[PDB]
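The structure to be discussed contains carfilzomib (bound form).
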Amino acid sequence: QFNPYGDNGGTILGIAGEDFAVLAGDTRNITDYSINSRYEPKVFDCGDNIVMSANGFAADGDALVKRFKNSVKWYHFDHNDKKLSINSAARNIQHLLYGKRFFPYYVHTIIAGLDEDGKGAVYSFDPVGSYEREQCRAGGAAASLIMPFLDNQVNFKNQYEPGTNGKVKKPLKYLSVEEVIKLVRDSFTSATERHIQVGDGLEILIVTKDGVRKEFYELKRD
Amino acid sequence: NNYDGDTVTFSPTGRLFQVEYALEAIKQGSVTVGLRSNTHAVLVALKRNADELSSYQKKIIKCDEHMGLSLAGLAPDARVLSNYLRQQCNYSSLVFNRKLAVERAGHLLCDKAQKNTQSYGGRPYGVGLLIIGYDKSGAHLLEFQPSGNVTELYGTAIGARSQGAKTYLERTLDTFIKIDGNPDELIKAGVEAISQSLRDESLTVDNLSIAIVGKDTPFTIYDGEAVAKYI
Amino acid sequence: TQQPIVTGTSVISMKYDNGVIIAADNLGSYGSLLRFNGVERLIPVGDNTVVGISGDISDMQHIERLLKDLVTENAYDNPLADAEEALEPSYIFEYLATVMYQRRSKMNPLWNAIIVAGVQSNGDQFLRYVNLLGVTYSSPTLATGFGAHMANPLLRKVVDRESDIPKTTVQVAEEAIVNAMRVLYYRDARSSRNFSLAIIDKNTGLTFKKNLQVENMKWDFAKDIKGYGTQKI
Amino acid sequence: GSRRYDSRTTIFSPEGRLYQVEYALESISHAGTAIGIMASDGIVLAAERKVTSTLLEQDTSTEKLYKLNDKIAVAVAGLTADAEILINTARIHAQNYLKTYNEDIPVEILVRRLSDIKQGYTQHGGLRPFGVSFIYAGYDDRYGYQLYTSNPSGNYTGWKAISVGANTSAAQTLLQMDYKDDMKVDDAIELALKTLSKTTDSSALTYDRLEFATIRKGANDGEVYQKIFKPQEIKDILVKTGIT
Amino acid sequence: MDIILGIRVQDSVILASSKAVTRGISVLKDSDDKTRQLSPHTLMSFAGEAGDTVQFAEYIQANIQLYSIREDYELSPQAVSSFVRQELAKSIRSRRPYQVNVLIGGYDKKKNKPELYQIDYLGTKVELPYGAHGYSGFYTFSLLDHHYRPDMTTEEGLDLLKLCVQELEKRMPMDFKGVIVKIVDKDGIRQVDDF
Amino acid sequence: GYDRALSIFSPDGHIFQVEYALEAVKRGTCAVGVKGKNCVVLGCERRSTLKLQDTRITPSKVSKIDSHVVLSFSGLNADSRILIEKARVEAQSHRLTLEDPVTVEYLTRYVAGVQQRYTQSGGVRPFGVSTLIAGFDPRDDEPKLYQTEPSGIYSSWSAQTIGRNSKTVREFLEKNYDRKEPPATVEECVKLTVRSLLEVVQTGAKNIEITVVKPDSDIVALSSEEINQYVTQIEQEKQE
Amino acid sequence: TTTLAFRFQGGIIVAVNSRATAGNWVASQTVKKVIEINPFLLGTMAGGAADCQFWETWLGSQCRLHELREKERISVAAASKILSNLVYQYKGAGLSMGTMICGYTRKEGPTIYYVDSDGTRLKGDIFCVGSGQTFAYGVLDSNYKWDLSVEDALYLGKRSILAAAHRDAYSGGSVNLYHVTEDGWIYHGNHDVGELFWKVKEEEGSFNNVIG
Amino acid sequence: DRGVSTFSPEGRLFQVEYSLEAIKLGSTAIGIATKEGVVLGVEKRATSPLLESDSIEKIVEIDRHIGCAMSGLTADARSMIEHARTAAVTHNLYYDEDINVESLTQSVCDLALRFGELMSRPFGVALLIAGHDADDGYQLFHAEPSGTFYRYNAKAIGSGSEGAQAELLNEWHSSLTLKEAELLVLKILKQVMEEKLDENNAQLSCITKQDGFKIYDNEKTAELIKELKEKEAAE
Ligand SMILES: *[C@@](C)(CO)[C@](*)(O)[C@H](CC(C)C)NC(=O)[C@H](Cc1ccccc1)NC(=O)[C@H](CC(C)C)NC(=O)[C@H](CCc1ccccc1)NC(=O)CN1CCOCC1
Ligand SMILES: [Mg+2]
């Protein structure tokens, strides 16, 4: 019987800073035990300082990104070139996803950018449209490997102040773009080591008030 | 007389009066000018107001990053046709990953307007359009009429007293066509062209409306203080 | 819901410095029966694109007709149909990719894997894959079916990344493709010796080679192999 | 287009009248008179056939009086063909009600629905109205014996005695004169015939130019019987009242 | 939804319906009224699939109330039961049928007689002296066969009903949290608050 | 389907079909609505050219939409049935979804909306009917009286009349009805309603219908003798 | 999930956890399971995240349209029935929702309606919904009285979620409190179970099963 | 007869031009836009003294940030308001934000020309749509049955429109306060109205960023009427 879904592997990661936000994702595309491409980007600049990635079944992911990019275009036409805020984009994506509630897009979607106060924002979606704003989110094949490490290093979970008898927690603070990119690179090199579907290359998209910058790094190709 | 009740009726001399009356709505509309060189294409539009307390009716509409038009006549009909162009431009991008040719844009508009002139119940569109764009074969300018007739031109003008600007462009043809790699000078030629259609009124800051598209220039519209340079 | 009846096996391809090469054998299998031997599975579109198709042949012939009709439709009201407004590989691919995904979304797929190889108007190499699920991807080397498992490893030794493309000549690239076709003949049970090969170069244009054969095969060592373990005679 | 040939059947006059309904009523006024009289122990339906020919088969004929169910009947005035369309609908509606509730349909409910159909043809659809006026005669266990009338407008009203068709003005005056509330069926039969005999446009009223029917409780114990009179039975009742 | 009973006596119809609403391993509510008044002298109890029961009962209620306003007249219990049966008879061959079983207790004012109708989700109608739906019947029917008499009073009917509830409380596996009892007679519908 | 635009604008800016529908209302029998301090009364004319009528079964002029709301009308009788049916269905539909009976304003708004829809829908003509809708909102003791008309406009009235010779009875009500002090009792409200109809009717026998509506679904129609007592009382006080 | 809401002398308490799971994978610890429909209406979310989140924000739009059309705030009964009639249309399609519509109006007073995806709609004083509902019931029922103070009622709702958060594997994260009065709903903070458990253990002297 | 969507020889749609004549017969409605807010005021015009004037609803809320006044065949506006309210709420559902006043007006104006042989005729009512958004601030729009809308600093529609518009031309300036605008609507309404202006036969409203769209009470408007009369007698 024809199965309309497939697993293209890969993993993605979104972190939010004080005045910036990053959305990373490996460039490997796979089916079963074969490599399709060592460089197939799945993190996209969608305009209005919104970056997006829909990881999982690539065909559904490409369809979704394509439709959201088009939603942004028509938002400009219908509302006098108004900038689509990240929170408005998130709600719009929910309706795109839930629109196919009974034949879902098999993807974990993450978007990143700046909120209306200029502060870093990351939103994450399930396949049918449930969404939530967070400081931190990993998605895809190696999400289970990366996410607990982020809880520990970004949100300082389970870390207490030395000598305080485990009474005072380590205080929360925003990380610099330099410190965040270190965590992204270490997260992906670790995931590459222990997950077979993750590797080849790492592409990071950084979002500040100035625009959208890109950075690329090599990953192990085995 | 007896043959102007609907669009489905021919007159004894072979005329479609409802289509002609739709053409008349364009002549009452405010003047708009179109012209192009080899690198850029420019739209200049005189906007009209109800009174001093009102805003000035927007004449120019964007269709894609590389295409757009100006209107003269019924504005709601321009909104329908421009929306159709937006969808066709968009279909071409999503399906074929291809920017829609300005010539095809014209062919599609022609065919949409035509269907309204051969069927009972409907009516012709009551608006004239000047479409500009930059595609794989360079800069383009089209003139749409609601009879269905679409015409590719170097320059033109439609609306009330459009004959003045049309005569000027016919004289200036050899000059403005060679304004390559110079946006501001091509606009100046268009602003001087539309000025030949002015009576008693002159071009003010919230009256003039300019749009441009070209080789390394997306379709953008200039209004307000952004057109003060050209007065 | 379909099941494929008459099928075509691997399509293999790669980029080189000035263009792209693509190849596929001339077989139309009917299960284990090697039914049809004169089947062309590379279909040129204009003088700048070649679409290689594997999988169900009835669905392949449907796609042929669509591409044929696409050329006709593009020519309508188009004075620059053989110049600036000619069909690009990227246009042809995106059209097919749209169809493939629409058909999978209606639970009635075109049971195929497709590789669109060509050269763009600006000289850039185009090579992209799409299949029955609507999944798309691009790479310096692309292959379908058994080609993905056996050809890609060989072709990636020549062009392992983007920077290896300018360093690879058409002679070296074609040699690797022809070698890959031999390996597939050794090891793919639904392959044939006869195949077609197409080169799309930005300078010399489209070169379509028919009726090629796998040759320079190693079979001599077979005579020494006796039994399955102990047997000496 | 086709706009040119549209009569616009469903519009108002400047005076606030429905042209087509008024002209349909004018049509009905030339149809054979039909009379309904409601007594305390039954109902009478009498109707005059339209200028009869001697070679018309009289016994196996039905022009004026139709049966809707076991408890309800109607007298027709206007286009017969139009009436039969409405009658079959009314017959179906009565059976739908019986199928749904396992009870015979109340008279008014049937009358209302049939009148609602007529109303529809005056407000929408662009079709001509039904050129028909009915007199409904029926019984149910709620209101007992009931007489109604409906006309092309779709308006219906209840009556003790009523006439439709030709010469209703003259007929209604005569009914208003001799009718009284404690009347019996046999007396109502006589009134119905006497009224037709005076209002008729014919020279003399005869058996072959009449249709007649009664709805009595004259059956055995607490049940209603419908009697559509045969030619010979009309001949006898005409002699018995001293008209011929 | 589980236990609904009905007993027709000399001058009234008595309906008893369990109060429990259970979902999974939790009794979400213990005071649920599994009945709707269709008209001043007609009452319908119901039991079956979750959601369907109330949706169906209220749909019927609205239709009967619409009829009452239109005709300024109350439909007979027999007429209402026939209407309800037809709706269920349509339903069973629909894309998604109503899985609801009902008892209709009413007092016919024209006949001056109480009437009890039992209708299952297939549209199977029967007039009965006493009725039940679900597993309740497997205990109560044999009990009523023995103790029921046709000339009983309303008070005797309530004692007969108490006997049924006691038996159910003894031998039924599930805790149904007692019953709400309602009486339908010539004076309309009223609820017994202490049972 | 029949599509023709029957209701359309004329050069002077009028929709003649809607205005001709008002002429049908002007032809209809007079209907009056008067609201007191704790009640509303709906009076209705019945023309006396129709003798030999059966008043038991003849459709009554005042119709119950729900147990707490009533609707009277003037104009085409057949048209009124369609509005009443739709209103009754909407009344039950509101109870089903909102779990609360309609307010008088909501019911009026619905009926008015239906009338309006028929003024700009293809293939249909406007309703030749104006209605007086009266009653009391759920758990409320403030009397409500609304009027609708073929165009679709609706509004609330302290007292109002519609139908033939309605301009005469409106003239009467305008000087006899005090806003500062409405009819304090049921008797006062009924008397004022009957008085107003006696300016137009002819005889006070079987020509006048009266229906009284009180809070908490308390609606009752008066009989001939009950109404005749008001007629007898008013005439004796008049001779002065 | 675990969610509860109960009615009492001083209005309505509403309490919920904040964990989201995809099987045994803990996906989130910071999910907002209370939806703020308006200043007088709340909605709790259990079951399918998207189904709940999508249809309850949709419910809020329908409640806004009601007060625009009717010039009056929608009743709790009417609001809950819009949702129950919606999910009933999708019955059998596979929606998964266990919601509670809580609020105050003049005519109704404080009111709680349980609404789930198989069409059930119930008015009631106490409800617990979710995978850990039984654990919340255990503590809530055994300590519930109508005459609880606002302070004690807030704590009981918090403590009941904590009990479920502890025992139920698919419940935890943090507790979100709400108090609904005649004047509207009042938010009473986010309480992390990480710190709350030990704080409650020490002060209350409970949770003796756990190694202190 | 003749087609509904027919052009005249002058190039105008007959039915659209005739609907404009219906709007001239309607009661007066005035709108004034300031930097402190937008004011909307209407003439109620009760046809009889028995009619309870408070039931005359010619000023209407579309959303918290958008209000609306009407003039002409007011029954036609009901479906337009219904559409506007749905459009406003729907956009909030899709985009988690308020909708632009211009985008709302455009949505309403799209209905206008959806008639022919869709509905059977154009709307016989004009609308003044007033509101506020973060981008373009306080705005006043005039939405016609032609499908056209103009933005206005001040605008009058209805029977006394041409006389009132000429008065608004002289009186309006860019530094008007909200209180000044309120009095100016009352002043101009009193000039063009047939009957004498008071709190019962005229209604005021406003929309501000802070408090949103609010219809004024009869007690509040009565004080503004009294304040207006005193200021005119003071010089
Ligand atoms: C308690 C907390 C847990 O039971 C509550 O009951 C909560 C209610 C809150 C969240 C509103 N329920 C859940 O946490 C709920 C459990 C569940 C899971 C699946 C179906 C129904 C209920 N969790 C979810 O809904 C999660 C939300 C995650 C954390 C983002 N989503 C999924 O499980 C999604 C979508 C489910 C789905 C439903 C219907 C059709 C298609 C999909 N599924 C996946 O993410 C699939 N999968 C997860 C791991 O990554 C690979 C793919
Ligand atoms: Mg790896």
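A note on names: the letters A, B, ... follow the listed sequences, proteins ahead of strands, and every chain is numbered from 1. Contacts are counted only within the shown part of the entry, which is not the complete deposit. First listed ligand is number 1; within each ligand, the first listed atom is number 1. Recorded method for this deposit: X-ray crystallography, 2.9 Å.
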Task: Ligand numbers or chain letters for carfilzomib (bound form) - done: ligand 1
TODO: Identify the macromolecule bound to carfilzomib (bound form) in this structure with the most contacts, using its name in the PDB entry.
DONE: Proteasome subunit beta type-5
TODO: Tell me which other chains have a heavy atom under 4.0 Å from carfilzomib (bound form).
DONE: A, G
TODO: State the UniProt active-site residue of chain G that lies closest to carfilzomib (bound form), plus the least heavy-atom distance in whole Å.
DONE: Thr1(G), 1 Å
Open item on the list: Just wondering, does anything else, ligand or ion, come under 4.0 Å from carfilzomib (bound form)?
Closed with: none
- [ ] Please specify which residue and atom carry a covalent bond to carfilzomib (bound form).
- [x] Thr1(G) OG1
Task: Name of chain A per PDB - done: Proteasome subunit beta type-6
Task: UniProt bortezomib sites of chain G near carfilzomib (bound form) (heavy-atom cut-off 4.0 Å) - done: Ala49(G)
- [ ] Report the source organism for chain G from the entry.
- [x] Saccharomyces cerevisiae (strain ATCC 204508 / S288c)
Open item on the list: Hi! What's sitting within 4.0 Å of carfilzomib (bound form) if we only look at heavy atoms?
Closed with: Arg101(A), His108(A), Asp126(A), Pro127(A), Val128(A), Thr1(G), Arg19(G), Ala20(G), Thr21(G), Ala22(G), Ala27(G), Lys33(G), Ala46(G), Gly47(G), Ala49(G), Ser131(G), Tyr170(G)
